[PDB]
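Salicylic acid:Xanthine dehydrogenase/oxidase complex.
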Amino acid sequence: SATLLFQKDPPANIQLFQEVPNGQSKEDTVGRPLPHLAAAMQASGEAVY
Amino acid sequence: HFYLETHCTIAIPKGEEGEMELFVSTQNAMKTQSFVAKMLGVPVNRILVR
Amino acid sequence: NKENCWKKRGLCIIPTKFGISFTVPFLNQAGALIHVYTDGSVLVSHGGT
Ligand SMILES: O=C(O)c1ccccc1O
């Protein structure tokens, strides 16, 4: 192994979280993975710093 | 009326979510806000009148 | 580690606990300002950034 050049290994990503109550309204986003509200503008460069 | 200062407005477009900030010589900030919003087609909470 | 002389692997599992609250009591206060405009749209303002 001391003669081997760096070899990157295959990545693996798993996230586990809890789903919201089965009877929760579609408009009640508390507990849901809602993306950051400014993420689209951040990705487009429209978000103002 | 002949107010010494005539009508004047400065509108600043932020570029985010239809946001706009305006500096206006007006007695009605509310109507200025809703009217600008109505014309733009965005919710009133996106417009700031000062 | 037995099959490698110049490369080794390590493994460790550790816990953590973190007290929640400013340790300066008076900093644990928050304010918010909410306006509902006539078109029904809401503008929320709060002390956080
Ligand atoms: O974490 C704290 O206890 C704290 C206390 C005062 C000011 C900033 C802080 O983060």
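Convention: sequence-line order gives letters A, B, ...; per-chain numbering from 1. As the structure lists them, so they are numbered: ligands from 1, and atoms in each ligand from 1. Contacts here are counted within a displayed part of the entry, not across the full deposit. Just the heavy atoms: all of them, side chains too, but no hydrogens, waters or symmetry mates, feed the values below.
Counting only heavy atoms under 4.0 Å, the other chains near salicylic acid (ligand 1) are C. Site of salicylic acid (ligand 1) with heavy atoms closer than 4.0 Å: C:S21, C:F22, C:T23, C:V24, C:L27. For salicylic acid (ligand 1), the atoms lying closer than 4.0 Å to a non-hydrogen atom of C:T23 are 2 (C), 3 (O), 5 (C). Under a 4.0 Å criterion applied to the non-hydrogen atoms of C:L27, salicylic acid (ligand 1) contributes the atoms 6 (C), 7 (C).
Atom 9 (C) of salicylic acid (ligand 1) has C:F22 CD2, 3.6 Å as its closest protein atom, hydrogens excluded (heavy atom only). Remark: minimum distance from atom 1 (O) of salicylic acid (ligand 1) to any protein heavy atom is reached at C:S21 O, 4.2 Å. Here no covalent bond joins salicylic acid (ligand 1) to a chain. Atoms of salicylic acid (ligand 1) found under 4.0 Å from any heavy atom of C:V24, numbered from 1 in the order shown, are 6 (C).
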Which N or O atoms of salicylic acid (ligand 1) sit under 3.5 Å from a protein N or O, and how far apart is each pair?
unit_1                    : atom_1 : unit_2 : atom_2 : d
salicylic acid (ligand 1) : 3 (O)  : C:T23  : N      : 2.7
salicylic acid (ligand 1) : 3 (O)  : C:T23  : OG1    : 2.8

